[PDB]
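Bound state: Penicillin-binding protein 4 + benzylpenicillin (bound form).
Sequential numbering from 1 along the given sequence is applied to the chain's residues. Both counts, for ligands and for their atoms, begin at 1 and track the order of listing. Per the header: X-ray crystallography, 1.6 Å.
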Amino acid sequence: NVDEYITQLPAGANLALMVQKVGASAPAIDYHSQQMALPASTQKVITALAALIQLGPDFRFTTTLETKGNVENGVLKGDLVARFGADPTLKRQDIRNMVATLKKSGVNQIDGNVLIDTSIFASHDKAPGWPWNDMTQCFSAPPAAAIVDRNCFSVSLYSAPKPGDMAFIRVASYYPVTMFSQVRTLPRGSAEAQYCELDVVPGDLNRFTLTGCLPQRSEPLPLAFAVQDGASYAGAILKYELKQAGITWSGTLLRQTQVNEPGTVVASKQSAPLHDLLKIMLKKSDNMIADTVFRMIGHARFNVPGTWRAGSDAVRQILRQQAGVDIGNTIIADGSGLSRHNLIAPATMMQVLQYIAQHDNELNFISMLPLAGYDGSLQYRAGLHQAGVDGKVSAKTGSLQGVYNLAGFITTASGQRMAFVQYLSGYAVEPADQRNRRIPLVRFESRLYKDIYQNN
Ligand SMILES: *C(=O)[C@@H](NC(=O)Cc1ccccc1)[C@@H]1N[C@@H](C(=O)O)C(C)(C)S1
């Protein structure tokens with residue numbers, strides 16, 4: 001009763017839907033299944049499959065400290081290279097530990113430069129089609145080769161006691177960022193409060209200026225922002241940890257972007273295995289893991305510094321050549337599904353899902369998807385709960401402004417496992433219905449998935 005369920009949805013919402021028994025060649029439900037749509041975070045299903053095929057479940061991201069030169073009486077005569085590898089889980093502590101290892105190895109002083117090497121990747125750290133306005137948000141932090149603590153930092157914004165005075169910013173001292181406030185404090189119930197925005201404006205070298213207005217508040221406003229220049233940020237963290245460990249140097253911090261032969265590895269950190277990281281990625285919809293993996297796929301397949309284009313080409317090739325899926329006119333722009341350039345039909349995603357199901361004993365893939373009513377993004381999915389399908393749906397969600405997708409597997413009343421793709425976009429509610437905007441979605445899903453479960 002798809003057309004009927006559609007009437008639950010806001011005016012003019014666009015659904016493309018396909019439901020098909022695992023291993024079958026004809027769908028049970030086909031509603032605009034050939035139509036292209038924005039996949040949002042369901043793109044991560046493709047990223048995970050191509051990643052397992054190209055890199056394997058035991059791949060680890062790695063970061064090293066390398067020396068180029070001889071060490072004479074504790075002095076490195078040459079450069080220290082910190083070679084980053086797009087590990088999305090690297091932490092400040094890891095940098096601190098690698099420096100401790102460097103110190104313990106006998107290096108007290110560097111007669112030379114400190115190089116922040118990001119040559120594993122090239123070109124922009126932002127995928128084509130990502131909205132500019134989200135670039136300062138942590139969910140869209142540029143997934144650079146140099147990541148520390150997810151390239152996200154937090155700040156506290158305090159209103160001035162005196163209306164009219166500048167709001168002021170508190171930030172922890174260890175974050176190598178530079179904050180400026182041009183934020184005017186407003187009285188509690190100002191009319192100027194209506195159209196005066198509070199904005200963040202990023203500058204070079206991880207400078208951020210806050211502008212606009214802030215109404216007086218009793219508690220400081222917590223804000224979190226994305227680092228725009230990972231290389232500089234990681235360099236500053238490295239500089240701080242070197243100084244704390246008493247290692248001095250004569251040169252400066254420089255970027256090394258061109259491919260080069262590695263020095264001797266004196267310290268290293270490897271991530272958890274790729275299967276573990278893909279699990280986090282699929283359970284929680286981790287954009288940063290998805291996108292670091294995506295550019296790593298292209299680097300590994302083509303032996304070139306990883307770029308968005310190389311990743312797109314690689315994923316297409318892997319799907320066709322290793323999984324037997326020709327994605328045709330599909331557009332793959334990134335790994336996370338954030339890009340509004342991504343475009344794929346349910347019927348194409350269905351081929352991917354059918355491949356995964358067929359090879360699931362090899363891939364151990366379906367166990368990584370959120371299980372409705374249990375974990376990940378589906379722990380609390382109201383539509384699926386009310387449908388009676390908790391514990392019976394393993395599926396990847398995808399959500400952007402106006403896009404509410406699901407893609408995965410359902411075990412039905414008969415025990416038949418079915419793959420399904422729900423691509424719902426163009427979803428918008430009347431301006432006076434905003435913080436209720438999700439009830440039509442919930443009503444739609446409750447009915448749809450009960451139907452699928454009960455009738456198959
Ligand atoms: C993929 O769809 C991702 N979407 C976004 O990051 C956009 C977004 C949405 C809401 C708040 C902030 C940013 C991830 N997938 C969705 C999803 O699976 O529904 C999440 C909300 C889990 S983020």
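Under the 4.0 angstrom criterion, atom 14 (C) of benzylpenicillin (bound form) counts as having a protein heavy-atom contact. In this PDB entry, the covalent tether of benzylpenicillin (bound form) is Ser41 OG.
Among the atoms of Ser377, none of the N or O lies under 3.5 angstrom from an N or O of benzylpenicillin (bound form). Filtering the residues that UniProt lists as binding substrate in chain A by heavy-atom distance under 4.0 Å from benzylpenicillin (bound form) yields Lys396.
Of all protein heavy atoms, the one closest to atom 8 (C) of benzylpenicillin (bound form) is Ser399 O, 4.0 Å. Nearest protein heavy-atom contact of atom 20 (C) of benzylpenicillin (bound form) is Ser285 CB, 4.5 Å. Heavy atoms of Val403 found under 4.0 angstrom from benzylpenicillin (bound form): none, in either backbone or side chain. Annotation: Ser336 places no N or O atom under 3.5 Å from an N or O atom of benzylpenicillin (bound form); distance criterion only.
Nearest protein heavy-atom neighbour of atom 6 (O) of benzylpenicillin (bound form): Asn287 ND2, 3.0 Å. The closest protein non-hydrogen atom to atom 17 (C) of benzylpenicillin (bound form) is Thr397 OG1, 3.3 Å. In chain A, the UniProt-annotated active-site residue lying closest to benzylpenicillin (bound form), with its least heavy-atom distance, is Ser41, 1 Å. For benzylpenicillin (bound form), the atoms lying closer than 4.0 Å to a non-hydrogen atom of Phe139 are 6 (O), 12 (C), 13 (C). At a heavy-atom cutoff of 4.0 Å, benzylpenicillin (bound form) is contacted by the side chain of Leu338 but not by its backbone.
Numbered from 1 in the order shown, with element, the atoms of benzylpenicillin (bound form) that lie under 4.0 Å from a heavy atom of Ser41 read 1 (C), 2 (O), 3 (C), 4 (N), 14 (C), 15 (N). Benzylpenicillin (bound form) does not have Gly337 within reach: every non-hydrogen atom of the residue lies 4.0 Å or more from it.
Remark: atom 10 (C) of benzylpenicillin (bound form) lies closer than 4.0 Å to no protein heavy atom. The binding site of benzylpenicillin (bound form), defined by non-hydrogen atoms within 4.0 Å, is formed by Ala40, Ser41, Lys44, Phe139, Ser285, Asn287, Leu338, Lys396, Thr397, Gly398, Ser399, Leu400.
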